[PDB]
**Q** 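Provided herewith is a single structure, encoded as structure tokens, for subsequent inquiry.
Per the PDB entry, chain A residues shown: 5-131, 135-471, 479-511, in order. Side chains included, hydrogens not; waters and symmetry mates left out as well; all remaining heavy atoms used. Per deposition record, X-ray crystallography, 2.9 Å. Numbering of ligands and ligand atoms starts at 1, following listing order.
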Amino acid sequence: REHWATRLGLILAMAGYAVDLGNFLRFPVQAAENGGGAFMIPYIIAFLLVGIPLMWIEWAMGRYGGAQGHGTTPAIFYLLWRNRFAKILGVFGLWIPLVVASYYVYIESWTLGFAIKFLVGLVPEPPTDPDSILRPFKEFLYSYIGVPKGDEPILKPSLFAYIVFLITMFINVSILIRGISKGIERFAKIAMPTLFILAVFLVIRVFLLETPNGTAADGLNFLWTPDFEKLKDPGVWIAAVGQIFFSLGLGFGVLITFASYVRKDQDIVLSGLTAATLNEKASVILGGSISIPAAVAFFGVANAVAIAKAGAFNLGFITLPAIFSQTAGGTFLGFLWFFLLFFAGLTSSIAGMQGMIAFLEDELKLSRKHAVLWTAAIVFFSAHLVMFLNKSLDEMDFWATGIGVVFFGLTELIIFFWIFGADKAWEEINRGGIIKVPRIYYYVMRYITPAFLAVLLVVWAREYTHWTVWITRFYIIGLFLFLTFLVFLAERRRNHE
Ligand SMILES: Fc1ccc([C@@H]2CCNC[C@H]2COc2ccc3c(c2)OCO3)cc1
Ligand code: NA
Ligand code: NA
């Protein structure tokens, strides 16, 4: 079985997964809409009571399963809980990242395409007024995606967009086919430093932006000036718990897969805490210093609220590209921005596709080449639904991350810390640990963490159709059936040998 070569490589690979577009787009918009600097109060709380405890647990389950040659939850859940229902629940940890894969790598290709378009100058050049600058780029994105101009729910992606998606798929395979250390880990050691440099250069250049409408200081001001009156709102405390779950990539089964390549007695306590901390520093320092400040700098603090409400997606793919066409040397600026997002996405996507590669290797005994190619085949095939059927993406993302990760997140806790045994679980986490987990976390993991998660489930249920969503529901239901069949074939192949 493969292992991580260096402790640094392991941390950078784990961080590479956590850090993505959300760090530079989603988190800054979440903060502005939920109290500005005051949003850090429930965010740090959520980080301590939910994020950190669960990540350690997934790291432990990963290393525990990896010692016995299993990197995926269908096999690991069965080791923690000798039951048939444990194998079936495990299918979800194979299903969720695979559902995400169908739209994630595609959106990832958008950044690459946009980076190429910016570098070679194939971008709009307005013209005055805000809508006179934004609309030419609003149409640039819609022509790239193929946003329906009629009543039909049909997307018609450009040939360029489709080809870049092909190229993006290829790049992912290239890294994945070289394995864990010589592939994922090797790339982690290049991308993360490259990422940091790209970010810092943008942070510096954004801080020098000055327009008749405002400055970069106005951006950092609007974003971080606290509004504690919003702390009364339970929705803010829910968004904080949700964002942390989103930020670290919990409940995807990815961390478990990666942790399985950590050797039996190697540290996971300090290693996990370090990687988690990098992701957070990236969000508050790098992520919060670029997108929102640059936007507020150009349009003024008067439109700062309007900008935040327009969402993280509009900000990154419409607003900032418009601003770049109006700034000095913006054409190279746009390339760096989208190059930055691409590498951030590429280090997450190769991790999310590893779980399927691991299953095909560990349980069906396929070669790494075959495992990678068939995984790529499944993801590439599935993506045509996301590329051509409008709002299919929303439907996949809703089941997969809206409730799926949290439900699966709660499933991990109960299976590992309650069914497998809290005492056995606790010894598993701290074993080989450079530092020991604070004893107070024993109660947090066992009661506080699953309670917070269970609350998130209940609010989802109480809170929550055009016929085309049934197409997406049809297929993702089919995937779960197909993966169930593979798990079935796995346990049958094992009885023979
Ligand atoms: F809707 C969303 C929820 C959570 C997130 C996470 C946020 C932190 N960084 C990791 C993100 C998930 O990344 C993935 C996961 C599986 C994948 C993948 C990429 O490509 C193929 O299979 C992104 C989007
Ligand atoms: Na993140
Ligand atoms: Na990434």
**Q** Which macromolecule in this structure makes the most heavy-atom contacts with ligand 1, going by the name the PDB entry uses?
**A** Transporter
**Q** Which compound out of liranaftate, tegaserod, paroxetine appears at ligand 1?
**A** paroxetine
**Q** Measuring from paroxetine (ligand 1), which other ligands or ions can be reached in less than 4.0 Å?
**A** ligand 2 (sodium ion)
**Q** What organism is annotated as the source of chain A in the entry?
**A** Aquifex aeolicus
**Q** Write out the binding site of paroxetine (ligand 1) as chain and residue number, heavy atoms closer than 4.0 Å.
**A** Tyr21, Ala22, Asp24, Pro101, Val104, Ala105, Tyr107, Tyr108, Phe253, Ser254, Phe259, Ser355, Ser356, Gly359, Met360, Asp404, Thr408
